Structures are given as structure tokens and as C-alpha cells.
**Q** 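Working on a deposited model featuring ponatinib. Questions ahead.
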Amino acid sequence: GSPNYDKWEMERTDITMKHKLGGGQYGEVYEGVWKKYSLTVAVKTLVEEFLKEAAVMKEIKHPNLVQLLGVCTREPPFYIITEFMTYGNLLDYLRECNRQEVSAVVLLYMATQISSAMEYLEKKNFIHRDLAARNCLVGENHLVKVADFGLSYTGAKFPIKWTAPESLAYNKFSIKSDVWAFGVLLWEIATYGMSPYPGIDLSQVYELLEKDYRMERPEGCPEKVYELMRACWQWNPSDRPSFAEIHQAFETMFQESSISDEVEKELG
Ligand SMILES: Cc1ccc(C(=O)Nc2ccc(CN3CCN(C)CC3)c(C(F)(F)F)c2)cc1C#Cc1cnc2cccnn12
């Protein structure tokens, strides 16, 4: 409505900055308040990389993707402001949870939400590049959203154990290498937050994958979920399923599971 108006730009003074989140495990991400509307938010601060992230996020709007609310990118300090997710990241949520609440149908629900955001990124021709539980956020009622904290892990630093063969070997990243990562995510969900390839050391992973070794079905993981895990770990990226197919599968499993859980809830 005026010459220097930008619909994404907030004023730094709109925001009360509070503590850094997660002991600093997320990097420069703070809790903050958008004082106008009260509202607790999260605020990442710091440069091109930062500007790219802001520019990408403006392009992304989906129920299971952490929602951008504003940026402060006119002058330093640079801010990105997103909605706040009250239970923190998925990996720790799983490690700490009451499995009476975080039951089997919830695990399927978590998987359905994540595949749903990824199908969205797939349709939009984006590539996440670092999909993992540590990168998903949890809110109320097992709401899960996909994020990215640019956390890089061992070219660069790599999360070796979530990384597709063609990405480790040839540096080829794609939505199909996300599909492979999503498969490790499934295993993380299935174990409630166990480290992948337990007991195996990082230097051996590729060679083992190339001999066609894959992680075994976790105790209690449904057969069909494992089927999905292993389809995600097809060696040829072209052989992997789409996130559209993946999300379709999990929704269906999810709906079947809740009929059972609700019923079980009634009886108890
Ligand atoms: C302040 C903040 C800023 C940014 C982001 C963020 O995730 N950025 C993001 C950047 C890019 C992409 C997509 N690209 C990936 C790369 N790829 C190469 C291209 C496509 C996506 C994605 F969600 F779409 F994946 C997200 C999260 C937060 C948070 C927070 C928050 C809220 N509640 C809590 C509770 C505890 C801890 N943190 N926290």
C-alpha cells in the first residue's frame, strides 16, 4: 500500500526474542513472541544461504510444512519467523513418549503426515535433501510438520545413515534420494527413535548397502510398512516409489488402524 511495502517483512521490534531452543541443537533458533498478537513464534537468525531459505519458504504452504509467518531481511540482524511447534522435534518426542499415547496408529499417522508434505514438495519440484526425524516438528495431538534446520553428520558434512547410495557415491540428490531418507525415517519412527544401522559403523555402510544389505524389520513393525521401507531402499532411484504412492499407502493403513484404535478406546 506504500512504495517500500513488502508483505513478508516484519519489523524486528514486533518480536520479543527469548531463549535459544533445544540447548542450541537447532542452531540459532529462538523462542520469541510476536508482541502485536501475542502469539509465541520461533525465530531463526544469522547470508545468501539465509536469503535463499527465506525465498524458498515464501514458496511453500502446506499443512504439514512448518509455516512461515514473516522475515526481517531488509537489514541485519536477519530474521525468519515461523509458527511455533510446541513438542519440539520428532526424534526426541519419540524417545521420550508414552507409547500408550503414541500408539501404533499414531506411528502411522506420523508417517502419513510426513509423506503428505513430501508429496507436496514432490509436486512442487522441490528436494528436501535432509529428511530425518531430527528435522520434523511435533505439535498438539501428534501434529507433525517437516522442517529443515540446516544442521550439517560426518564434499561437505553428511548424515551418512540417511543418505542414498547415488548421493554418497556420486553426489546425485533428488526427490528419490528423499524417498530413501524417508525410508530411514520410517525405521526411526518404528523403533521410537533408535539410531539407524545399530552396531554397524559408518565406514561400512555403503559397501554393505551395495552388497544389498538393508536394515531388518524392527520388532513390531507391520509387514507392509517394512515392505514400504524396503521399496524406499531400492538401489536404483528410479525403482523407488513416489511420495504420492507412499502417502496413498500410509493414509490407507492409517484409516484401517484408527477403526481399531477408536474401538479399543471405547472398550477401555
Ligand atoms: C524459525 C525457523 C525457520 C526455518 C525453519 C525451517 O524448517 N526452514 C525450512 C527451510 C527450507 C525448507 C524446504 N527446502 C529444504 C532445502 N531444500 C534443498 C529445498 C527445499 C523447509 C521445509 F519445511 F519445506 F522442508 C523448511 C524452521 C524454523 C523453526 C522452528 C520451530 C518451531 N517450533 C519449534 C520447536 C523446537 C525447535 N524449533 N521449532
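The residue numbers of chain A are those assigned by the PDB entry, with the residues present covering 228-273, 280-385, 393-394, 398-511 sequentially. Read the numbers this way: they start at 1 and go in the same order the structure lists the ligands and their atoms.
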**Q** Determine the main partner chain of ponatinib (ligand 1) by heavy-atom contacts and give the name UniProt assigns.
**A** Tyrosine-protein kinase ABL1
**Q** Which residues make up the contact shell of ponatinib (ligand 1) at 4.0 Å, heavy atoms only?
**A** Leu248, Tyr253, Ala269, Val270, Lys271, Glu286, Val289, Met290, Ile293, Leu298, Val299, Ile313, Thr315, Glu316, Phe317, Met318, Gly321, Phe359, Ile360, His361, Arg362, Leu370, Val379, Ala380, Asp381, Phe382
**Q** What organism is named as the source of chain A in the metadata of the entry?
**A** Mus musculus
**Q** Hmm, which UniProt domain of chain A ends up with most residues touching ponatinib (ligand 1), do you think?
**A** Protein kinase
**Q** Tell me which UniProt active-site residue of chain A is nearest to ponatinib (ligand 1) and the heavy-atom distance to 1 Å.
**A** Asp363, 6 Å
**Q** Can you list the ponatinib (ligand 1) atoms lying under 4.0 Å from a non-hydrogen atom of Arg362?
**A** 18 (C)
**Q** Show the atoms of ponatinib (ligand 1) that are less than 4.0 angstrom away from any heavy atom in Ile293.
**A** 13 (C), 24 (F)
**Q** So, going by heavy atoms and a 4.0 Å cut-off, which residues UniProt tags as ATP-binding in chain A does ponatinib (ligand 1) reach?
**A** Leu248, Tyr253, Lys271, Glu316, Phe317, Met318, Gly321
**Q** Taking only heavy atoms of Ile360, which atoms of ponatinib (ligand 1) are found under 4.0 Å from at least one of them?
**A** 16 (C), 17 (N), 18 (C), 19 (C), 20 (C)
**Q** I'd like to check which ponatinib (ligand 1) atoms, numbered from 1 as shown, lie under 4.0 Å from a non-hydrogen atom of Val379.
**A** 23 (F), 25 (F)
**Q** Could you tell me which atoms of ponatinib (ligand 1), counted from 1 in the order shown, lie closer than 4.0 angstrom to a heavy atom of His361?
**A** 15 (C), 16 (C), 17 (N), 18 (C), 25 (F)
**Q** Which ponatinib (ligand 1) atoms, with their elements, are less than 4.0 angstrom from a heavy-atom of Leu298?
**A** 22 (C), 23 (F), 24 (F)
